[PDB]
**Q** 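Pulling up BIIB021 bound to Heat shock protein HSP 90-alpha for a closer look.
Each residue takes its place number in the sequence, starting with 1. Side chains are part of it too, since the values below use all heavy atoms of this structure and drop only hydrogens, waters and symmetry mates. Both counts, for ligands and for their atoms, begin at 1 and track the order of listing.
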Amino acid sequence: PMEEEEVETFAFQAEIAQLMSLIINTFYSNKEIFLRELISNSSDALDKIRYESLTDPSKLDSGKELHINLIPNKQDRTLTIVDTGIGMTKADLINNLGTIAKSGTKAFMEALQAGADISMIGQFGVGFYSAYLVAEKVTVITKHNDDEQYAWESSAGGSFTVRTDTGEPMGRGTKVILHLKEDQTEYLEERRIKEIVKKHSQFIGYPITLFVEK
Ligand SMILES: COc1c(C)cnc(Cn2cnc3c(Cl)nc(N)nc32)c1C
Ligand SMILES: [Mg+2]
Ligand SMILES: [Mg+2]
């Protein structure tokens, strides 16, 4: 039907849709780097809210805790990365994030078509899109102090959606929910997540807590 006035559909910027298709279809085995890139993004988000609060302590009224949580769910086949950083506004989700990423995306594609491999995506500032190395659908729940709670979602293919979230309020931060591909379930294992974290994302300025399944 798609007669839901609460859900809006947008097309990715041409360069970004291209990058996503390239990431999805390239044969690349070193997929674990996706978790490092997302943990780096959360650390950046937490640095920003911590820095803003030095001049305005009321920015932490929405939560003093500053941490990162990793939550595998074997039943739903999802790996969720939660942080209490600055969050994202509606403008960020629709306009600003893609605009700021245009230049880095183009450059990254040149590097790839030259020699560089996918693991350097973070050097171009577009590491988030490495999530689709392992995820067929990505759902992002976010809350910025200056806006409402929103839900961003995309299964690639050139389009993404944005709606006002109706679920549990978070207070402030971001939840990245990775709906994992059938053959990428190794990233729901506790020993595997530990290895990847200790490898790269290890000197992070905030506590990283792994939720073990029951
Ligand atoms: C909506 O999904 C994203 C898109 C399409 C592009 N980049 C980022 C990374 N990213 C940007 N700001 C972010 C903040 Cl405040 N936090 C986190 N954890 N990631 C962020 C995200 C999450
Ligand atoms: Mg595609
Ligand atoms: Mg906690």
**Q** Which numbered ligands or lettered chains belong to BIIB021?
**A**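 All copies together: ligand 1.
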**Q** I'd love a list of the residues lining BIIB021 within 4.0 Å - heavy atoms, by chain and number.
**A**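 Sure - by heavy atoms, that gives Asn41, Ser42, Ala45, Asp83, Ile86, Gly87, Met88, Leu93, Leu97, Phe128, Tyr129, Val140, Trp152, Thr174.
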**Q** Tell me: protein heavy atom nearest atom 1 (C) of BIIB021, and distance?
**A**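 Closest protein heavy atom to atom 1 (C) of BIIB021: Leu93 CD2, 3.5 Å.
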**Q** Among all the protein's non-hydrogen atoms, which is closest to atom 20 (C) of BIIB021, and how far away is it?
**A**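 Closest protein heavy atom to atom 20 (C) of BIIB021: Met88 SD, 4.0 Å.
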**Q** Which residue supplies the protein heavy atom nearest to atom 14 (C) of BIIB021, what is that atom called, and how far is it?
**A**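 Of every protein heavy atom, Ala45 CB, 3.8 Å lies nearest to atom 14 (C) of BIIB021.
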**Q** Which species does the PDB give for chain A?
**A**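 The entry lists the organism as Homo sapiens.
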**Q** In the protein, what heavy atom is nearest to atom 6 (C) of BIIB021, and what distance, to one decimal place, separates them?
**A**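 For this ligand atom, the closest protein heavy atom is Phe128 CD2, 3.5 Å.
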**Q** Taking both backbone and side-chain atoms of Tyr129, is any N or O found less than 3.5 Å from an N or O belonging to BIIB021?
**A**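 N/O-N/O distance below 3.5 Å does not exist for this pair.
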**Q** Identify the closest protein heavy atom to atom 15 (Cl) of BIIB021: which residue and atom is it, and at what distance?
**A**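 Protein heavy atom with the smallest distance to atom 15 (Cl) of BIIB021: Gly87 O, 3.1 Å.
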